[PDB]
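In what follows, every chain begins at residue 1, and chains take the letters A, B, ... in the order their sequences are listed. A restricted portion of the entry is shown here, and the contact count covers that portion and nothing more. In each ligand, atom 1 is the first atom listed, and ligand 1 is the first ligand listed.
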Amino acid sequence: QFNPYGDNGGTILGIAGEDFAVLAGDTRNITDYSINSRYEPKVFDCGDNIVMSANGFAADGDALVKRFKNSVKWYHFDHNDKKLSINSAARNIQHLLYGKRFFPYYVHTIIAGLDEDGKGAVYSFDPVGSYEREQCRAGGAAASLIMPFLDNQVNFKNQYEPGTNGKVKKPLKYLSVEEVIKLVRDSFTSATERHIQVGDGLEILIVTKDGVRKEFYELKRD
Amino acid sequence: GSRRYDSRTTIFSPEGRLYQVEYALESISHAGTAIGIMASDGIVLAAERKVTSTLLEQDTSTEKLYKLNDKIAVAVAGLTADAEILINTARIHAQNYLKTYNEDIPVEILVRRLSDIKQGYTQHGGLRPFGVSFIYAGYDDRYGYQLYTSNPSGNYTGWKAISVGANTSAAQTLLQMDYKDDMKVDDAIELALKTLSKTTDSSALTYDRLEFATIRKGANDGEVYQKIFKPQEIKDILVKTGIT
Amino acid sequence: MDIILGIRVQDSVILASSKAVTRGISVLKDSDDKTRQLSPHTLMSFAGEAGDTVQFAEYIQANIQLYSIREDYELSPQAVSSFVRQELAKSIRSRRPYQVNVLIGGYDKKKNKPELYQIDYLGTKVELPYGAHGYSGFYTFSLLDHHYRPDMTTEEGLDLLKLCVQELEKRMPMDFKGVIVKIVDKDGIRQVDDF
Amino acid sequence: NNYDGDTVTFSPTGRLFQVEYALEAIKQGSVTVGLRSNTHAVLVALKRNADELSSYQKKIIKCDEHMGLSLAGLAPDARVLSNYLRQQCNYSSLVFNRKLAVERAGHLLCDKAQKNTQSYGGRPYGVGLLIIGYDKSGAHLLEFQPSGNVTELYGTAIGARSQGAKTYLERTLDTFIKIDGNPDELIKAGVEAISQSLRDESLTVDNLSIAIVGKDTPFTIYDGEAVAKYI
Amino acid sequence: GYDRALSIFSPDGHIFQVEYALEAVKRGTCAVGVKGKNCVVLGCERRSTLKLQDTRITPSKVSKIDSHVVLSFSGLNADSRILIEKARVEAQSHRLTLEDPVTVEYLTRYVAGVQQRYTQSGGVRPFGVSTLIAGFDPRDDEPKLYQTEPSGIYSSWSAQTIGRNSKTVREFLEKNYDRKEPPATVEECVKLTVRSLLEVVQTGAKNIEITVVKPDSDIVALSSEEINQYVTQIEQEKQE
Amino acid sequence: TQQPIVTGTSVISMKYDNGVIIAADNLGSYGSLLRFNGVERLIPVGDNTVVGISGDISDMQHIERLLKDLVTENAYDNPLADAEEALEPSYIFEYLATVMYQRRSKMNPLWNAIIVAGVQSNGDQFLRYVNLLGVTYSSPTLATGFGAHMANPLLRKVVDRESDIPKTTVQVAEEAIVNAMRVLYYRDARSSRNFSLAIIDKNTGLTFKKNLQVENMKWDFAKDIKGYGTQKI
Amino acid sequence: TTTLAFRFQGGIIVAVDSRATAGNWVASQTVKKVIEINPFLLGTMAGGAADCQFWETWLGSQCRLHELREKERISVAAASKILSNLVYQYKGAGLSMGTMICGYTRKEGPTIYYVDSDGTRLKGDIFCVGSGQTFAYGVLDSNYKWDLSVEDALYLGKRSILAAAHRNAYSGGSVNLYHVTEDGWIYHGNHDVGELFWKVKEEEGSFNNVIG
Amino acid sequence: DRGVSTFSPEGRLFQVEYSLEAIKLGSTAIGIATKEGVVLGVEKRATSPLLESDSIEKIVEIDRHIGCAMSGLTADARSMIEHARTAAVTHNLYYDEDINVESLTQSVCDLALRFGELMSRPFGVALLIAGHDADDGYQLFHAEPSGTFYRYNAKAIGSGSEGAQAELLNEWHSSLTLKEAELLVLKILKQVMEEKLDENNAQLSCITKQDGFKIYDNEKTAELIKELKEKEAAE
Ligand SMILES: *[C@@](C)(CO)[C@](*)(O)[C@H](CC(C)C)NC(=O)[C@H](Cc1ccccc1)NC(=O)[C@H](CC(C)C)NC(=O)[C@H](CCc1ccccc1)NC(=O)CN1CCOCC1
Ligand SMILES: [Mg+2]
């Protein structure tokens, strides 16, 4: 019987800073035990300082991104070139996803950018449109490897102040763009080591008030 | 386009009248007179056939009086073909009600639905109205014996005695004169025929130019019987009242 | 939804319906009224699939109330039961049928007689002296076959009904949290508050 | 006279009066000018107001990053046609990953307007459009009429007193066509062209409306203080 | 389907079909609504050119939409049945979804919306009917009286009349009805309603219908003798 | 819901410094039966694109007709149909990719794996894959079916990343493709010896080679192999 | 999920956890399971996250359209029935929703309606919904009285979620508290189970099964 | 007869032009936009003294940040308001934000020309749509049955429109306060109204960023009417 879904592997990662946000993703594309491409980008600039990635089944992922990009275009036409805020984009994406509630897009979606106060924002979606704003989110094949590391290093979970008898927690603070990129790179090298669907290359999109910058790093190709 | 040829059947006049309904009533006024008279122990339906020919088969003919179910009948005035369309609809409606509730349809409910269909043709669809006026004669266990009339407007009213078709003005005056509330069926039979005999445009009223029916409780114990009169039975009742 | 009982006596119809609403391993409610008044002298109890039961009951209620306003007249219990049966008879061959079983207890004012109708989700109608839906019948029918008499009073009918509930409380696996009892007679519908 | 009741009727001389009456609605509309060089295409539009308390009716609409138009006549009809163009441009991008040719854009509008002139019940569009764009074959300017006729031009003008600007562009043809790699000078030529259609009124800051598209310039509209440079 | 635009604008800005529908209302028998301090009374004319009528079965002029709301009308009788049916269905639908009976304003707004829809829908003519809708909102003791008309506009009235010679009875009500002090009792409200109809009717025999609506679904129609007592009382006081 | 009947096996391809090469054998299999031997599975569109198709042949023929009709439609009211407004490889691919995904979304797929090889108007190499699921990806080397498992490893030894493309000549690239076709003939049970090869170069244009054969095969060592273990004779 | 809401002398207490799971994978510890429909209406979420989140925000839109059309705030009964009639249309399609519509109006007073995806709509004083409902019931029922103070009622709701958060593996993260009065709903903070458990253990002397 | 969507020889739609005549017969409605808010006022015009004037609803809320006043065949406005309210709430559902006043107006005006041989005729009512959003601030729009909408600093529609508009031309300036605008609506309404202006036959409303759209009570308007009369007598 024909199976309309597939698994294209890969993993993605979004971290939000004080005045910036990053959305990273590996560039490997796979089916079963074969590599389709070592460089197939799945993190996209969608305009209005919104970056997006829909990881999982790449056909659904591309369809969704394509439809959201188009949604941004028509938002400008219908509302006098008004900038689509990250919160409005998130709600719009929920309706795109939930529109196919009974034949879902098989993807984990993450978007990143700046909120209306200029602060870093990351939103994450399940396949059928449930969404939530977070400081931190990993998605895709190696999400189960990366996410607990992010809880520990970004949100300082299970870390207490030394000598306080486990009574005072390690205080929350925003990370610099330099420190965040260190965590992203270490997260992806660790995921590459222990997950077969993750590797080849790492592409990071950084979002500030100035615009959308890109950075690329090599990953192990085995 | 086609706009050019549209008569606009469902519009108001400047005076607030429905052209087509008024002209349909004008048509009905030339139809053979039909009279309904409600008595305390039954209902009489009497109708004059339209200028009969001697070679017309009289016994196996039905022009004026139709049966809707075992408890309800109608007298027609106007286009017979239009009436039969409505009669088959009414017959079906009665059976739908019986099928749904396991009870014979109350008279007014049947009349209202049939009148609502007529109303529809005056308000929407762009079609001509039905050129028909009915006299409904029927019985149910709520109101007992009932007479109604409906006309092309879809408006219906209840009556003790009523006429439709030709010479209703003259016919209604005669009915209003001799009718009374404690009347019996046999007396109502006589009143119906006497009224037709005077209002008729014919030279003399005869059996072959009439249709007659009664709805009595004359059956055995607490049940209603419909009697559509045969030619010979009309001939006898016409002699018995001293018209011929 | 589980236990609904009906007993027609000399001058009234008595309906008893369980108060429990259970979902999974939790009794969510113990005071649920599994009935709707269709007209001043007609009452319908119901049991079956969750959601369907109430949706169907209220749909029927609305239709009967609409009829009452239109004709300024109360439909007979026989007429209402035939209407309900037809709806269920349509439903069973629909895309998604109503999985609802009902008892219709009514007092015919024209005949001056109480009437009890049992209708299942298939549209299977029967007039009975006493009725039940679900597993309840497997105990109550034989019990009523023995103790029921046609000329009983409303009070005798309530004692007869207590005998049914006691037996069900003894031998039924599930805790149905007692019953709400309602009486339908010439004076309309009223609820017995202490049972 | 007897042949102007609907669009489906020909006159004895072979005319379509409802189409001609729709054409008349454009003549009553405010003037708008179109012109192009080899590198850029420019729309200039005189906006109209109801009174001093009202805003000035927006004449120019964006269709894609590389295409847009100006309107003259019934504005709601321009909204319908521009929306159709937006969808067609968008269909070409999503399905073929291809920017819609300005010539196809004109063919599509022609065919959409035509269907409204041959069927009973409907009516012709009551608006004229000047479409500009930059595609794979360079800069373009089109003139749309609701009869269905679309015409590619170096420069043109539609609306009331459009003959003045149209005569000017016919004289200036050889000059403005060679304004390559210079946006501001091409606009100046367009602003001077529309000035030939002015009577009693002059070009003010909230009156003038300019749009431009070209080689390294997306379709962008200039209003308010952004057009003060050209007065 | 029949699509023709029957209701359309004329050069002077009028929709003649809607205005001609008002003429049909003007032809119809007079109907009056008067609301007191704790009640509303709906009075209705019945023309006396129709003898040999059966008043048991003849459709009543005042119709119950729900147990707490009533509707009377002037104009085409056949048209009124369609509005009444739709209103009755909407009343039950409201109870089903909102778990609460309709307010008089809501029911009026619905009926008025239906009338309006028929003024700009293709293939249909407007209703030749104006209605008086009266009753009491659930768990409320403030009387409500609304009027609707073919165009679709509706509004609330302390007292109002519609139908033939309605301008005469409206003239009567305008000077006799006090806003500061409405009819304090049921008797006062009925009497004022009967008085107003006696300016137009002819005879106070079987020509006047009166229906009284009170709070908490308390509606009752008066009989001939009950109404005749008001007629007898008013005429004796008049001779002065 | 389909099942493929008459099928075509691997399509293989790669980029080189000035253009792209694509190849596919001429077999139309019917299960294990090697039914049809004159099947062309490379279909040129214009003078700048070649679409290689594997999988169901009836669906391949449907796609041929669509591409043929696309060229016709593009010529309509288009004076620059053989110049600036000619069909690009990117236009042809996106069209097919749209169709493939629409068909999978209706649960009635075109049971194919497709590789669109060509050269854009600006000289850039175009090579991209699409299949019955609507999944799309691009790489310096692309292959379908067994080609993905056996050809890609060999072709990636020549062009392992983007920077190796300018260093790879058409002679070296074609040699690798022809070698890969031989390896597939050794090891793929639904392959044939006869195949077609197409080169799209930005300078020399489209070169379509028909009736090629796998040659220079090693079979001589087979004579020494006796038994399955112990057997000496 | 574990959610609850109960009616008492001083109005309504509403309490929910914040965990979200995908099988045994803990996907989030900071989910908002209470939807603020309007200043007098709350909605709780249990089951399919998207189903609950999408349709309850849709419910808020429908409640807003009601007060625009009727110039009056929607009743809790009418609000809950909009949702129950909606999910009933989808019956058999596979929606997974366990919700409670809690609020106050003049005509109704404080009211709670249980509404789930198979069409069940129930009015009541106490409900617990979700996979951890039984654990919440155990603590809530055994300590519930109508005459609880606002302070004690808030704590019992919090303590009941904590109980379920502890025993049920698919519940946890943090407790969100709400109190609904005649003047509307009042938020009573986010309480992380990480600190709350030990604070409750020490102060209350409960949770003796755990190694202190 | 003739087609519904027919053009006149001058190039105008007959039905649209005829609907404009119906709007001239309607009761007056005035709107004034300021930097402190937008004011909307209407003439109620009760046909009889027995009619309860508070039931005359010619000023209407679309959303918290958008209000609406009408003039002409007011029954036709109901479906326009219904559409506007749905458009406003639907956009909030899709985008988690307030909808722009202009976008709302455009959505209403898209209904206008959806008539022919869709509804059978154009709307016989004009709308003044007033609101506020973060981008373009306080705005006033005049939505006609032609499908056209103009933004206005101040605008009058209805029977006394041309007289009131000429008055608004002189009186309006960019630094008007909200209080000044309130009095200016009452002043101009009193001039063009047939019957004498009071709190029962005239209604005021406004929309501010802070408090949103609010219809004024008859007690509040009565004080503004009294304040207005005193200020005119004071010089
Ligand atoms: C307690 C925790 C018990 O569940 C509560 O009931 C909460 C309720 C809150 C969140 C509203 N419920 C859940 O957490 C709920 C449980 C559940 C799961 C699946 C079906 C029904 C109920 N969780 C979810 O809905 C999660 C939320 C995500 C993780 C944020 N979603 C999923 O599991 C999704 C979507 C499920 C789905 C439903 C209907 C159609 C299609 C899909 N599925 C995935 O994310 C799949 N998967 C995750 C891991 O990576 C591979 C892809
Ligand atoms: Mg790896």
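The drug assigned to ligand 1 in the PDB is carfilzomib (bound form). Most heavy-atom contacts to carfilzomib (bound form): the chain the PDB entry names Proteasome subunit beta type-5. Every other chain with a heavy atom under 4.0 Å from carfilzomib (bound form) is listed here: A, G. Heavy atoms under 4.0 Å from carfilzomib (bound form) belong to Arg101(A), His108(A), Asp126(A), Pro127(A), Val128(A), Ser130(A), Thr1(G), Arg19(G), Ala20(G), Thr21(G), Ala22(G), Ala27(G), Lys33(G), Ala46(G), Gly47(G), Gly48(G), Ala49(G), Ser131(G), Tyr170(G). Atom 20 (C) of carfilzomib (bound form) is never approached by the protein to below 4.0 angstrom, counting heavy atoms only.
Name recorded for chain A in the entry: Proteasome subunit beta type-6. Each of the following atoms of carfilzomib (bound form) lies closer than 4.0 Å to a heavy atom of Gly47(G): 6 (O), 7 (C), 8 (C), 12 (N), 13 (C), 15 (C), 16 (C), 17 (C), 22 (C). The closest approach between carfilzomib (bound form) and any UniProt active-site residue of chain G, by heavy atoms to 1 Å, is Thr1(G), 1 Å. Checking only distances, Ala49(G) does come within under 3.5 Å of carfilzomib (bound form), N or O to N or O.
Between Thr1(G) and carfilzomib (bound form), a contact under 3.5 Å exists for at least one N or O pair.
This entry records a covalent attachment of carfilzomib (bound form) at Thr1(G) OG1. In the deposit, the organism given as the source of chain G is Saccharomyces cerevisiae (strain ATCC 204508 / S288c).
By the definition of a contact as any protein heavy atom under 4.0 Å away, atom 2 (C) of carfilzomib (bound form) is in contact. Per UniProt, the bortezomib-binding residues of chain G include some within 4.0 Å of carfilzomib (bound form) by heavy atom, namely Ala49(G).
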